Amino acid sequence: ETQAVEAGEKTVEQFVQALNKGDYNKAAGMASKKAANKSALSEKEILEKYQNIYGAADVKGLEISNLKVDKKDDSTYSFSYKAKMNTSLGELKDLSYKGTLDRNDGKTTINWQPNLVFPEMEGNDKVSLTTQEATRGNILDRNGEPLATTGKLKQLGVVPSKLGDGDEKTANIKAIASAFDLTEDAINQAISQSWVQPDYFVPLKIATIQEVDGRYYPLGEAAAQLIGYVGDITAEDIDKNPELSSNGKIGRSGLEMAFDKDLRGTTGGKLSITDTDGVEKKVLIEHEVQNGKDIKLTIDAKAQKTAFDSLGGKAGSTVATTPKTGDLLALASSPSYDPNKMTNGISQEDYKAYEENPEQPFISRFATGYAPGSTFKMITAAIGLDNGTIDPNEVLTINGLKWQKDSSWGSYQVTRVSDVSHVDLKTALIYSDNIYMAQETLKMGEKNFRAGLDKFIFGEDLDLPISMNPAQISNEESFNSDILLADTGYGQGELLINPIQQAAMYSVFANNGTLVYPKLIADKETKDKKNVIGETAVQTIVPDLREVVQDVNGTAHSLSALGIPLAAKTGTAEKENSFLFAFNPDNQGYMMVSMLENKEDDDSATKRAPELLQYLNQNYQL
Ligand SMILES: *C(=O)[C@@H](NC(=O)/C(=N\O)c1nsc(N)n1)[C@@H]1NC(C(=O)O)=C(CC2=CCN([C@@H]3CCNC3)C2=O)CS1
């Protein structure tokens, strides 16, 4: 407790603090002159040491404790303290520093020595710092087949110096643009790029070829919206997260981005003290690299490749689930983009292409909310049946195509397409009679309609890694209209449900009225919501839904040619959308929901479903 002691106690601290602030020169100013019993190096020689070592290892957050300064002679005090510090590779704990001070004319300074960098350093000792980036994990389908993996790829390229001079170049460019099937002009824009030197290898496809490590998506565009793609890491990404290395790739969309942490692993590293020849003398930190985790999904890659191909590139979406457990067997969206071109290199043209396609390939339509249309009637009936409103056999008598409750609906008319004039429940679903449904809905009223709807999952967010707004009944918490109460009853109005949310609500017909939440991660436990509708309302509706197919006038009669047990409902909306709902009523092994955004003349979701239905029907039973 002496005013010379604490003068030295303060001179240590100002030295430590100067190193935290990274002011390696202020620190160097507190060094005794270079001498045999004082410092071991000059101010400049000291400055350089800390910049080399404390900088290259980014030493910061230096905390000392148990500081001691005791007198040894009138001009020399000995100090000692414990310390901990943060390095770019971890925390250094329980360091033991020791040294001496030089009092001379009321000026107290440090007799610097290498053992104030790290305790065990001596003489001409140095420091080494090595890092090892990890390998990105895989995304797998339910059967282990890979959906996103990192492997060696046969990169094709050329060398401007092994071509032709004049006609031998512009005719040889022809030959390699053929045996590989790529445009011939793009070989000229590439060869004449800025960075090209006539000796470098210039890449073309995913004439010499070299093996390159890259990120590969076997299914390409058939699963590009769900799985996503990955991009070069940019300086900005490191601002958002300085734990990233400049050399990896990063998930930018779809599941790659949703699970980037798990998939990307942790970097390994090693901080060592070496003699003057890089020979390791003490290891201070060693974190063995930990690679990225694999991720197993519910997807069935054949169902996905089939479901996407079935849309023939038209705007639309398909979604398949095993309804008794929630497994999502496929999440198709069309049109689409090449996720391999995006990740591993995409020409400036093929890229500008996707951006201006007005049907928007980058949209994950299976998460876009739509107005479901007539398919929804299978709910409305099930609610009406639950609360007594609907008599299956009560036969309404309905004339013409238009209708309204009374003249106070101005020009708002409920329209249908088939002038059936004796409609019971079964007949209503077989023909998709908006009117019958619009009526039996009003017979039920917002209170009893919402009483049933509210037993579903509107508003809720599902436990899935896909960004999607929840499904809504209306753009306000009440309808505030009869017309809307009606429009909503037959699948329009202010309804918004996306193909995954639809597939969840309709699961009630495969589970005696229990709703089963969708499942996308292979291991996660099934989650359900019991008694959403009555078992009896199911046994009433389903046999009517078979007849949407079998009956010669059924909206989906074309599917009876297949010879497979189907129960289903269709839809259409107005540009014209087209819908289909389908599942197996014998075994409940699968269920599908297919849309067609902006259909073509005489095209339909129902005309494209068979190939996917045959696969599902055979490979998913009990
Ligand atoms: C349910 O979605 C209903 N569709 C419509 O009424 C719509 N347009 O057709 C629609 N509602 S709102 C809005 N803006 N437009 C019924 N569903 C279907 C269907 O599922 O296919 C309809 C089409 C349709 C029923 C029977 N069809 C036979 C084809 C040849 N002749 C009849 C048929 O195309 C309309 S009613």
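For reference, positions follow the sequence shown, starting with 1. As a basis for the values below, the full set of heavy atoms in this structure was taken, side chains included, without hydrogen atoms, waters or symmetry mates. Start at 1 and go down the list; that is how both ligands and their atoms are numbered. The way this entry was determined, per its header, is X-ray crystallography, 3.3 Å.
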- Drug name for ligand 1: ceftobiprole (bound form)
- Residue and atom, covalent to ceftobiprole (bound form, ligand 1): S374 OG
- Message: I need the source organism for chain A from the PDB entry - what is it?
- Response: Enterococcus faecium
- Message: So, at a heavy-atom cut-off of 4.0 Å, what does the binding site of ceftobiprole (bound form, ligand 1) look like in terms of residues?
- Response: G373, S374, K377, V417, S432, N434, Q492, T555, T570, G571, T572, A573, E574
